[PDB]
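Note: structure shows HBY 097 engaged with reverse transcriptase.
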Amino acid sequence: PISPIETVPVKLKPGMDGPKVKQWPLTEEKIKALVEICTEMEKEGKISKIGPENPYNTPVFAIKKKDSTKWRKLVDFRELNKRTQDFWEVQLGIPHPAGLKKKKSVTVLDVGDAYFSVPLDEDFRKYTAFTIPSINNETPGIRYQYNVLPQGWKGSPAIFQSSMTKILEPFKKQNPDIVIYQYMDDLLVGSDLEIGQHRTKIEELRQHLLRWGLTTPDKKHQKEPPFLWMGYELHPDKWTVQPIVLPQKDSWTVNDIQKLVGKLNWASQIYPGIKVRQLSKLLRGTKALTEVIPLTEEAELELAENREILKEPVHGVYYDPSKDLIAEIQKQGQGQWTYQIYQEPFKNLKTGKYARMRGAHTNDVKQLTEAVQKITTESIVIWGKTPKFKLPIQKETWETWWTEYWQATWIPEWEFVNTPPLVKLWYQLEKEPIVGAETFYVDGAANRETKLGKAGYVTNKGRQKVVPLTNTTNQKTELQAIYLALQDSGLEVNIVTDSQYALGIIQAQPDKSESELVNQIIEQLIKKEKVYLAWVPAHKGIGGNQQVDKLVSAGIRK
Amino acid sequence: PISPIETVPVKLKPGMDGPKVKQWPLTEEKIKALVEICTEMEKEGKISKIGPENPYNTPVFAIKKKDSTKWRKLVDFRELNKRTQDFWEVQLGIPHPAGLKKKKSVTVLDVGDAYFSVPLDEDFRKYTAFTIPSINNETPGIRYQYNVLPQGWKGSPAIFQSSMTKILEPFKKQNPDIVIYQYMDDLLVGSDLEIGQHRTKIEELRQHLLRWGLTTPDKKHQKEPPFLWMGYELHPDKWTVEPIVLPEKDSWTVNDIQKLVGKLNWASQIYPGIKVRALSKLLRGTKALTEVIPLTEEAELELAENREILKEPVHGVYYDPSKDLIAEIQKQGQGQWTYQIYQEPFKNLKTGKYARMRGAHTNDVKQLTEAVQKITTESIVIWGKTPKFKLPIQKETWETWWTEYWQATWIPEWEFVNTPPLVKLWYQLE
Ligand SMILES: COc1ccc2c(c1)N(C(=O)OC(C)C)[C@@H](CSC)C(=S)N2
């Protein structure tokens, strides 16, 4: 059942040649299953025996996947796939269920063995050459070519997608408002015509196709509603995912954990309120798929908290091109936020989360805005529209982290709402130094090979101090040194900083961190009435310098 | 209905392959605008659909250039140029007239519709294959090839260069003081005339441009507060430096002076012969910052001497045509940014303050994108090349909104800044 359509032109990558092999000699039983096989294939005119004259070859596999009644074969166009030219990949991802529409009735047609009909270019076929030798080398040259796009063959999937497109071209032209989608081996036909008035076009389709070389065994309209689309579970008016059974053990390896980590994420398109955070935080020690790991109490906390929602199934509505598209973002804490996209209030379109990670010390407003994009970017990747924004952030705190920040930023139609974890500015610094306030010339240091340092200060009224530190970074240290400095100050203070690094850290005003040290400063900052920092060149001249780095002296020679 | 002219063979540089870029998905409003364009132009024999045997790709946008009414197409041929044109920069150079900058005022016209008339080399065309996006990855992208010379490409005017010269001839000798640079789809035109004379001296060129080949300058119309009537006239003779402002009265407090030495400390790698100790000494002590402590006798010298190295620098100004300029910008106030085009760090080639109003739409990204061009037409006008832009912005935020305020042809190369800069302080040049 060869098609009668304009084939597509393929050459192998310039310079390279088609493959030439010689297969592993096989016996009586293997050859019988293949002769028989190729004959009625040749019969459908899918292949053609050629002669000695064709140079190139490839091997055959005469498999049995399950151990069922119909023997079958296959050829691994391994070497050919190396050689053959490059194509415009069709596998350009997938369309996302959220953003699909509500097309009353729909059917899917299996175009599975619908490639073998599509004809190969008349010049390449020679390359697809394979030989069927016998047991007693009585007939060494029983070789066949390949007239249609073979199984696997780099371009097959690339081309078949193209041919078929030109194929439904007039039908999609005559029957306009019906709508076909295609991927792999599944055809989804859909309309807003009552079942029978729908089955027409499907049958019409089932025929049109038949006229073009390709069959579609489907029967009376074929398959309907419970849809296992690329994992996704879809229903004529709602979507979600179905088999998603993340279990548990008493001794897991990162191996299985990865999986656990995946599922949770996957399930994150739909189920409002999921996090992977802690379960993944621990993943860090990337050794082999043999090493095991102690699922912490923080991880199982989440491993269990997440199962509750995921315990009881949540639904997904479809897109309605007229209705408002919108989203608002809630913060799940630990730098984690959750967004929900909706048209009709409480009608769940889509949900997902933004977790600023693998790069510490980050500000909140900033993170708010970061996710907004995650959305902006995603809302176009699907609705080609920008969600109106319902966001938990006052205007005046925004107008400030808009005009405060350096990296320029932008946020479209956003509106204000209330919700407990309201975001905003806990603190801020000063621009001009404070009058009368005490002036603290801080300093730190460390043993560049001995692990220790000393944090401390000296105020302008002759207020000195130090605190010997250990197992610390020249950074941590010059950081820690500001905490003291902080502590031993009353209400409105002035700090003169040795370090760029920390000055920068404290410029941005971030917040939470596993580094209790940075946090501890935050709170100081948070409690102070007026904090003014200032900064000066280390080795050069940090003001009182001579004395400062000199009172913190241990081991140095300069 | 056709008249086959003949082609100048375009071939692949240093063994490369053709660009296999990915198309940024885009608005539906815009995914419409591109079919409404590409088809009517597919009619016009300009463009054509290709099959799967062609894997090559390239970006397509959709702007509204002169104002708001109809859309414009645009292409990021940035990989093809980065492919071919570093051989068709040789084989087909188009030289930069260095008196370009020397002129009073430079205007520019989209004399780019003009290359649609030249057939493109059949055997090359495969490398101009673009694609048009579908909403939600449903339908397989609408895929076209280029039959003529793509208005995007850098290899185009290379070719049509010829006709450009031949077509300008009578003009060039009627008015010889005027120079013209054919950059991109750009006809850079400058003169030492009044803002009324060069303005006319231009249309004169427009008229000529219609007659002699119905090549066409798109109608000049828009009215921004900076009274842009007819003519996008950059005035290069306005090129004076005034960024690095020392505070007039700031040598009063410990703080001011504490600032004053740090600033002086950056300048140290720019003007290395900098003397600042006897100033620093003024603050060698752990003192209160709000303490009005006046200067020392010998300190004024270090301020004064260094305070006169400004009005006259040397060896910076050295451009290397075998290296690539880098522009880097940074935000400041509500509408005042800054850029520094160097090429080898601290070696400034050109600097400036992208201004704009206080009561105006303080949209960062309007400024940033619009800042960027302002850099660029100057970087063309002066060197005739595009700066690697080190951008103060989220990758994904820019990859989501430039296409909005980009009323320009060429899409200069770009990078985005990871860490913050101290530089901003007050107007400072890195
Ligand atoms: C219950 O199944 C569905 C429910 C809604 C939709 C679909 C299937 N869609 C589709 O092609 O299915 C996969 C390939 C995504 C398409 C039209 S299919 C005729 C649209 S716009 N909405």
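Chain IDs: alphabetical, in sequence-line order. The residues of chain A that appear here are 1-558 by the PDB entry count, in order. Numbering of chain B is taken from the PDB entry, so the residues present carry the numbers 1-430, in order. Both counts, for ligands and for their atoms, begin at 1 and track the order of listing. Computed from heavy atoms alone, side chains included, the values below leave out hydrogens, waters and symmetry copies.
Contact chains for HBY 097 (heavy atom under 4.0 Å, other chains only): A. The deposited model's entry lists chain B under the name reverse transcriptase. In the PDB entry, the organism given for chain A is Human immunodeficiency virus 1.
Defined by non-hydrogen atoms within 4.0 Å, the binding site of HBY 097 is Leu100(A), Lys101(A), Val106(A), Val179(A), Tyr181(A), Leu188(A), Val189(A), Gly190(A), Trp229(A), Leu234(A), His235(A), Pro236(A), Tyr318(A).
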